[PDB]
Amino acid sequence: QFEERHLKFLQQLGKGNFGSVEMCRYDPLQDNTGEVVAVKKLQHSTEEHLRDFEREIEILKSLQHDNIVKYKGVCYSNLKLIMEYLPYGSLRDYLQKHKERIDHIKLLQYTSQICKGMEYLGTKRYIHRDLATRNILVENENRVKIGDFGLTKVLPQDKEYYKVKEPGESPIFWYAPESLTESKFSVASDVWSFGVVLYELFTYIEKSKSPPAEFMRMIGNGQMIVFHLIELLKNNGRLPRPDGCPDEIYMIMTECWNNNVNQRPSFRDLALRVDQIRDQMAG
Ligand SMILES: O=C(Nc1nc2cccc(-c3ccc(CN4CCS(=O)(=O)CC4)cc3)n2n1)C1CC1
């Protein structure tokens, strides 16, 4: 649908080891009347990374949900993924900036939208593998969307987990212990990560309170990090309750952080509990 020549670069939205997102204007009439869009491309395109990117594109294209960033199309000379542009950006940066304006009732509305997005994923047998507030996007004051799917895998038909160990840098501080020790990824490791996302929110993204900073303090400030992490978690070492967090929200977090994969709640039970807590804060 999109031509490379009609896509004008406006700014960088985020750069990683394997990907980059840009704000661009798609202006086919060249009269500065096209819509601003978000454009994801590989930064150092391997052919494996390209094949993964093609699948990421096919995943996003197959998703249609209020809390999932919209697919617009592809563009090539090559491959670019064109998405809707969300003007408020990542929940992470948005929470950090507007922390004095965002109360707990709002945090739980975001939380509940993230669960519904995640339940819709698990419905297609997709495992996200990268739930973090940096990958959640703010559409408006009342709406968040899951906004990146670079690490998302389809479960095979005959299995409820997927095994994979990619080279380089893994977000280890959001990983369930069976993902660190066995490279096993399931709906339940996504639930583990969701618990860490909930922790993030309730910390209001206070610099020294992030999971990397907290687990590093607990371990002791290279390759040895994951080993010490694994041991800490097996001993039931865990992220502290955030400042001002209710016992009942922290209970949800700690339940998400069960070492017993099978004892972790489902996404729809998470949504029931959160929506129940929300109503007991309002009415
Ligand atoms: O960011 C803004 N809008 C906006 N719209 C969209 C629409 C789709 C996707 C994103 C988006 C999602 C994630 C990121 C972070 N990260 C960049 C490197 S990677 O490995 O490629 C993917 C991970 C960056 C941008 N965004 N971001 C506003 C604040 C300036």
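The numbers used for chain A are those of the PDB entry, and the residues that appear cover 843-919, 924-1067, 1071-1132, in sequence. Note that ligands are numbered from 1 as they come in the structure, with each ligand's atoms numbered from 1 the same way. According to its header, the structure was obtained by X-ray crystallography, 2.4 Å.
As PDB records put it, the drug at ligand 1 is GLPG0634. This structure shows the largest set of contacts to GLPG0634 coming from the chain the PDB entry labels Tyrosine-protein kinase JAK2.
By chain and number, the binding site of GLPG0634 at a non-hydrogen cut-off of 4.0 Å is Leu855, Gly856, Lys857, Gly858, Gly861, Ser862, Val863, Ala880, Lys882, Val911, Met929, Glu930, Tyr931, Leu932, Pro933, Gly935, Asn981, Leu983, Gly993, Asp994. Going by the entry, the organism behind chain A is Homo sapiens.
Distances between N or O atoms of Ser862 and those of GLPG0634 include at least one value under 3.5 Å. In terms of protein heavy-atom proximity, atom 7 (C) of GLPG0634 is nearest to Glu930 O, 3.1 Å. In terms of protein heavy atoms, atom 12 (C) of GLPG0634 is closest to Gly993 O, 3.7 Å. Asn981 OD1, 3.9 Å is the protein heavy atom nearest to atom 23 (C) of GLPG0634. The nearest heavy-atom contact from the protein to atom 30 (C) of GLPG0634 is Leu855 CD2, 3.7 Å. Closest protein heavy atom to atom 1 (O) of GLPG0634: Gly935 CA, 3.7 Å. Distances from atom 16 (N) of GLPG0634 to the protein include no heavy-atom value under 4.0 Å. Interface of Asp994 with GLPG0634, defined as ligand atoms under 4.0 Å from a residue heavy atom, comprises 22 (C). Looking from atom 11 (C) of GLPG0634 to the surrounding protein, the closest heavy atom is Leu983 CD2, 3.9 Å.
Annotation: atom 13 (C) of GLPG0634 to nearest protein heavy atom, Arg980 O, 4.2 Å.
Proximity to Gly856 (heavy-atom distance under 4.0 Å) selects the following atoms of GLPG0634: 17 (C), 18 (C).
Of the N or O atoms in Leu932, one or more lie within a sub-3.5 Å distance of an N or O in GLPG0634.
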